[PDB]
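Heads up: chain A is whatever sequence line comes first, chain B the next one, etc. What you see of chain A is 39-301, 337-374, where the numbers are those given in the PDB entry. Sequence positions for chain B are given in the PDB entry numbering; the residues included correspond to 39-301, 337-374, in order. Numbering of ligands and ligand atoms starts at 1, following listing order. These values consider heavy atoms only, across backbone and side chains, with no hydrogens, waters or symmetry-generated copies.
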Number of protein chains: 2
Amino acid sequence: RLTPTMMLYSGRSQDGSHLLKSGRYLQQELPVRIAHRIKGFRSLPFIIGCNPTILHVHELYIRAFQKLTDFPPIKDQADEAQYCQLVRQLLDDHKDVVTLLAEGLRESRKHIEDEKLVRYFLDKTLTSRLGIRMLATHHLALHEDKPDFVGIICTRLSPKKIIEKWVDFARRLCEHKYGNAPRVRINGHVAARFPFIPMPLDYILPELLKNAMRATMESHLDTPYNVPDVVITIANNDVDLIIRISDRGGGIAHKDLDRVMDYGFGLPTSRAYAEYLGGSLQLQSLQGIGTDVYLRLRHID
Amino acid sequence: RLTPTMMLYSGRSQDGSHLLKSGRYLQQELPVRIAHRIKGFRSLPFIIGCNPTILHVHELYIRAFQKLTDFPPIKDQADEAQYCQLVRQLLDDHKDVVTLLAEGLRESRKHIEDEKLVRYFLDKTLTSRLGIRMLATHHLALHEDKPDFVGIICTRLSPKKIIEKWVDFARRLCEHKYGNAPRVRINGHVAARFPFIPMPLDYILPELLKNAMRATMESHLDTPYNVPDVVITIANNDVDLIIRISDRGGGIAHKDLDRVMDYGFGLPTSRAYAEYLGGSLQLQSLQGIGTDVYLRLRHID
Ligand SMILES: O=C(O)CCCc1ccccc1
Ligand SMILES: O=C(O)CCCc1ccccc1
């Protein structure tokens, strides 16, 4: 049910009176959360906030906020229904945002004086963005009749099965560039099943696997046909879920340790999403051997 | 040669004129470093600093400082020689100190109001103590004719060989209580050899192995004859040395995470020695599976 500063509705109605309360809530919350993001764009240093791409994303939000406010209060099913259509448009229009931001800010490196100030902007924007798209997709999900799912929430989610999905996805991206990809072994609580929201995992994991596999391959150019396995370990307790990802790609060099976590661009975002959801994302480099990555995600309650 | 706030002499003389400079330095430095420790005892909260055991250790230092100052300047070989005899007495008299402290402070738990204040006292005392005993033993070591050793410094130290020593030591302590002990496998840079000082390792390692083995055994009471291996990984680069110690003893429970690193009593001391020498000691608990421990030690220069 609950989430940081927001609620994901666990409710059921044969007549769909839950979709009213859900949408009624969404229409109260969404505009507020968007507005907070607009203050954040306004607070940007002039020099940066002026860069056209940043300025475009800035506009997108103003547009979204207009559209949401303009939409009239929901008093019946048909309202809610057409509301869903908006949320769909919005989700599609903002789908490339994180990319735009990245380039908006890449163009804008030189004029960057205070780093902490932007890293904060990004964290607050990218994560606050997540929460929005989660809350939105949860709602749309309430219309689906999918089994084992209350909204976007799995009732019986297997960490193993979902890691495997992202593995095949990552193996493929990888094989294509290097001709091979490291075998991936998974141990620990591989039979674990429990209520959870795939969405966060759906961003983060392919990030970590892409790295694990990239580093592994990049360090064995001589023997791409025989590379050390990527070892994933799952630990499920009553507090949170840990997923450790071990690679043997010589680890992140000492100098790069600072630079790697700061905003190639995928780890800092993953750390942010993790912290946002009451979890974390820690690194252990073993220079000369490999890297171990620890992702913790709080259990839902 | 160098060390934090102190120098370990790399020098050679057929006539032993190095033992003069060495001792001349020791006799300048030792009294200063002891005096700093006495200010630390004086700064203790009255209530604690009054506890007889703390008071005894307090006295020991005053005694040591007397003895060192009283000893007359070294102008010849025979001076230095009898100086060595003092340092030997001192090293023996202060050998049980860390234990005394621990009990001095255990008796004194109730009257503890500011924790950070004592944890700091301990870190500064135990580590500053290390440096003293290192500097002292280095000197005495300069008299030995041992090959591959300049003082207490190994010229060709194998992390593997030294871990193995502490493993056999830990296996034994362990087998005695549980009847078995986990096999220990070592990977990574197992052929690494390089200049180093065994001493720090000689404290720390048996600590970590004792834990790795304790946890492993304590979690497999049903099958002590078949327990998951302890996996040690060595990573040697040009900056520092990493030793990772992985166990499968279900890890440190969430609640205990805070308590475990604070002053059973062996980890906090190990973290302190590590930091002191420009290294660190990090933990990764995987609740339900095990713990991974990362020890970094700067390379000598
Ligand atoms: O996703 C973003 O970039 C910002 C959110 C846009 C949006 C709002 C409400 C519902 C759906 C989407
Ligand atoms: O070891 C301690 O507890 C404090 C050091 C005592 C000592 C001083 C000089 C040389 C040898 C020993």
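By its PDB name, the drug at ligand 2 is 4-phenylbutyrate. The chain that 4-phenylbutyrate (ligand 2) touches most here appears in UniProt under the name Branched-chain alpha-ketoacid dehydrogenase kinase. Other chains with one or more heavy atoms under 4.0 Å from any atom of 4-phenylbutyrate (ligand 2): B. Defined by non-hydrogen atoms within 4.0 Å, the binding site of 4-phenylbutyrate (ligand 2) is B:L68, B:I72, B:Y99, B:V125, B:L128, B:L129, B:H132, B:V135, B:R167, B:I170, B:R171, B:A174. Result for chain B: of the UniProt Mg(2+)-binding residues, 4-phenylbutyrate (ligand 2) comes within 4.0 Å (heavy atoms) of none.
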